Amino acid sequence: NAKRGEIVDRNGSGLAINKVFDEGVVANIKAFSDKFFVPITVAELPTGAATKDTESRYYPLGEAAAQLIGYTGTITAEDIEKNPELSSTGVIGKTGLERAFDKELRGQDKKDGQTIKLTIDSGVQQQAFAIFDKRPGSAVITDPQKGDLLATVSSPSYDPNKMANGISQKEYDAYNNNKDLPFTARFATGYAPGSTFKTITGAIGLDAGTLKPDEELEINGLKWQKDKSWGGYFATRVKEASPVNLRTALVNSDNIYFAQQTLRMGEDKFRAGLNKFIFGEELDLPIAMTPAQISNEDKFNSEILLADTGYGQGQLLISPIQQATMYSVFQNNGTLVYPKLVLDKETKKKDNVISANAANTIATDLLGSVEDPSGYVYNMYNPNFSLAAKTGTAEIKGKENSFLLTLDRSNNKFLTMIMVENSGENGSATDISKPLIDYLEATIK
Ligand SMILES: *C(=O)[C@H]([C@@H](C)O)[C@H]1CC(SCCNC=N)=C(C(=O)O)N1
């Protein structure tokens with residue numbers, strides 16, 4: 001009987017480890033149930049009860065990292081009849097990294113399982129989970145220049161220690177009957193990026209030459225369409241301002257400005273620049289994801305969809321992890337940095353996804369979201385720290401999702417991608433994210 005390997009964080013702190021507990025049994029079942037060898041619960045005894053020192057799989061961060069780490073279980077009859085070397089009372093990973101790394105972690109019952117060290121920072125993981133407070137959402141924090149996944153959070157969550165060691169049918173049905181679905185790994189689920197995506201459309205415009213950062217576009221009204229052929233669809237903005245240049249459009253969230261710049265460049269110039277990103281790519285992460293997509297077809301076949309895609313709507317599906325990877329070009333002078341989860345994995349990059357001038361131009365104008373008093377992220381303003389940010393929402397056809405992207409511009413050591421589902425009921429991502437941004441500005445700097 002070999003010991004299961006440990007999953008540890010970037011500092012060696014435990015994420016999936018082993019711990020000895022003093023657990024059970026070997027009218028009497030009701031007498032045992034009305035007071036607290038087959039273990040039951042962790043510890044003058046009823047008839048049939050006993051205690052023993054059993055080693056159990058333990059997760060220190062608990063629900064804070066449940067979807068990422070996953071849980072283990074007994075080797076089912078269907079599990080052993082699928083591979084080789086399986087004990088009747090063995091332990092196999094059922095989900096998360098406990099499954100994806102199960103081969104390395106279980107060993108052979110005799111060499112012990114190997115220890116896998118991750119990029120996760122436990123302190124960041126716990127902070128990033130604590131801001132949600134049962135709200136449905138996700139948070140992806142990364143080292144933008146190296147790809148390190150410092151945290152991958154999905155909310156709501158579940159207790160991984162009970163699912164692995166002993167959970168009642170009532171607690172499991174409560175987890176399954178949750179409309180928010182705590183078992184899903186929202187950081188790996190594809191969503192529309194929302195207004196935050198305008199950063200990338202802006203960069204693509206700067207490089208294509210059709211978008212001038214100092215050009216003063218005349219925009220009047222709260223809604224705009226190319227002509228009558230658009231029907232009832234309009235590009236809408238929340239505040240009236242004119243004339244609008246690149247910096248003011250990014251601070252005021254002006255879809256009319258970016259719809260016009262997207263129609264100005266055209267589907268070909270827009271797709272030329274989008275294709276340099278990781279659309280369609282399966283990544284090397286041990287997390288299962290559907291590749292990001294631009295639209296359902298190879299061509300928009302619709303000026304409405306072309307403009308809609310310009311500000312993160314339309315048929316865009318990008319997961320939070322893939323969104324973090326795409327947005328890393330602003331902290332690497334246009335170079336994209338793939339995400340890594342294992343700490344000793346080499347950093348993988350994709351050179352010149354956008355130009356260095358376009359990356360820095362966008363990144364500089366995004367300081368206004370935090371530093372200008374009228375900006376939407378002014379609540380997190382800090383005179384001693386350079387932070388660029390960009391809020392955004394995405395309407396799903398009568399619900400909205402809230403997105404917040406922040407970039408460390410003092411040392412380019414962190415990047416955050418936060419999402420709150422059903423933001424009309426659960427609030428924006430900007431309203432809950434300040435403790436996370438403050439925590440990261442002090443730790444990661
Ligand atoms: C993105 O650009 C969205 C649009 C695609 O729906 C707009 C709308 C929003 S917020 C308007 C409703 N909430 C008001 N408090 C913005 C944004 O700044 O998040 N961009």
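Quick note: residue numbers are just sequence positions, from 1. One-based numbering, in listed order, for ligands and for the atoms of each. Values reported hereafter were calculated over all heavy atoms of this structure, with side chains retained and with hydrogens, waters and symmetry mates removed.
- By contact count, the main macromolecule holding ligand 1 here is known in the PDB entry as pencillin binding protein 4 (PBP4).
- In this structure, the drug found at ligand 1 is imipenem (open form).
- Other-chain residues and nucleotides with a heavy atom under 4.0 Å from imipenem (open form, ligand 1) are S195, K198, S253, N255, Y311, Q313, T391, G392, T393.
- For imipenem (open form, ligand 1), the covalent anchor is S195 OG.
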